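Drug liothyronine bound to macromolecule Androgen receptor.
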Amino acid sequence: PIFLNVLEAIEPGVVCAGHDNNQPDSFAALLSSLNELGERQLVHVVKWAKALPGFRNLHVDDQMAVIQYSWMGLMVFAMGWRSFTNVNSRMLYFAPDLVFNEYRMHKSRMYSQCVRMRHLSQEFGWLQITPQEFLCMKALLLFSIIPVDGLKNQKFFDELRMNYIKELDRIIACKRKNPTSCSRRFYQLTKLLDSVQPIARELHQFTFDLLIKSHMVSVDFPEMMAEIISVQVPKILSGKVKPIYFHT
Ligand SMILES: N[C@@H](Cc1cc(I)c(Oc2ccc(O)c(I)c2)c(I)c1)C(=O)O
Ligand SMILES: N[C@@H](Cc1cc(I)c(Oc2ccc(O)c(I)c2)c(I)c1)C(=O)O
Ligand SMILES: C[C@]12CCC(=O)C[C@@H]1CC[C@@H]1[C@@H]2CC[C@]2(C)[C@@H](O)CC[C@@H]12
């Protein structure tokens, strides 16, 4: 189908972080690389979003809003996928040049968060998530977080989102044969998507605090990276911007 072709086509390619694996794994060096990777990934996310069906129909302000609020969840989701299809979730495959092993997970001073990220990665396994489900779920994540007071034009966003959820449906009901597994599959996926929010929330908090102490730990934050984390992220940690959960 058309929709499925677009998603597969606009799917971003490999992206390096530019990490110098020749230097010892120090906290400053590791995170500074993750921020750079984030900055770079942000560029591919914006283009990816613009090329998304119906995205260019939202108010220009909302387009930048939804992107600045869910960039974390998206990247984290895609990261788990790579880790799953690249190294069987054994390690966090952030980038071909920035892979995290047990040691690095500790050195990054955010081991626990990595554990959850890996749990998310492994999820792609037991749930036998197909490439089609992944693409659709990831896109649906773009419309998974907005301000409590709605966007510039909620009416459209609600319909755009609704139209993306129906896609997930068609996808889910494009191979099934029974009414049981089909209705259950939707439950499993919607749950998987919701499990992403909690993780992104911890990373949002961590990066925020890291930015504030950036100069005290010698960690560098790219331009756009520091501008979003100091303006958009705070809105989420303060409760002004909240994620959209399928379940309670
Ligand atoms: N020119 C591109 C799209 C493109 C459009 C815009 I407005 C951009 O501005 C920013 C700057 C910082 C941010 O955090 C965000 I989100 C967006 C960028 I960077 C790229 C294309 O045509 O694919
Ligand atoms: N289901 C179709 C693709 C299809 C996907 C989506 I997201 C749609 O949502 C809207 C709604 C209002 C808009 O202005 C725009 I632009 C898109 C529609 I309408 C159709 C296919 O598979 O060919
Ligand atoms: C989104 C990124 C970078 C892109 C990716 O593959 C997932 C990964 C998850 C951890 C993020 C990192 C970007 C930089 C952050 C936000 C650090 O400041 C702390 C947590 C890091």
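Numbers in chain A come straight from the PDB entry, and the residues shown are 671-918, in order. As the structure lists them, so they are numbered: ligands from 1, and atoms in each ligand from 1. Note: hydrogens, waters and symmetry copies are ignored here, and every other heavy atom, side chains too, is used.
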Mapping of liothyronine to structure: ligands 1 and 2
How is the binding site of liothyronine (ligand 1) composed, by chain and residue number, at heavy atoms under 4.0 Å? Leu712, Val716, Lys717, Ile737, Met894, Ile898
How far is atom 23 (O) of liothyronine (ligand 1) from the closest protein heavy atom, and which atom is that? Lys717 CG, 3.0 Å
Which residue and heavy atom of the protein sit nearest atom 3 (C) of liothyronine (ligand 1), plus the separation: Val716 CG1, 3.8 Å
In chain A, which UniProt domain contributes the largest share of residues contacting liothyronine (ligand 1)? NR LBD
In the PDB record, where does chain A come from, organism-wise? Homo sapiens
Looking only at protein heavy atoms, identify the closest one to atom 14 (O) of liothyronine (ligand 1) and say how far it is in Å. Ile898 CD1, 3.1 Å
How far is atom 13 (C) of liothyronine (ligand 1) from its nearest protein heavy atom, and which residue and atom name does that atom have? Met894 SD, 3.5 Å
Considering only the protein, which heavy-atom contact is closest to atom 16 (I) of liothyronine (ligand 1), and what is its distance? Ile737 CG2, 3.5 Å
Distance flag for atom 1 (N) of liothyronine (ligand 1), protein heavy atom under 4.0 Å: no
Give the residue and atom name of whichever protein heavy atom lies nearest to atom 22 (O) of liothyronine (ligand 1), and the separation in Å to one decimal. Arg726 NH2, 5.0 Å
I'm comparing liothyronine (ligand 1) with the natural ligand. Which residues that UniProt lists as binding 17beta-hydroxy-5alpha-androstan-3-one in chain A have a heavy atom under 4.0 Å from the drug? none
When you measure from atom 6 (C) of liothyronine (ligand 1) to the protein, is at least one non-hydrogen atom found at a distance under 4.0 Å? no
Counting only heavy atoms on the protein side, is anything nearer than 4.0 Å to atom 9 (O) of liothyronine (ligand 1)? no
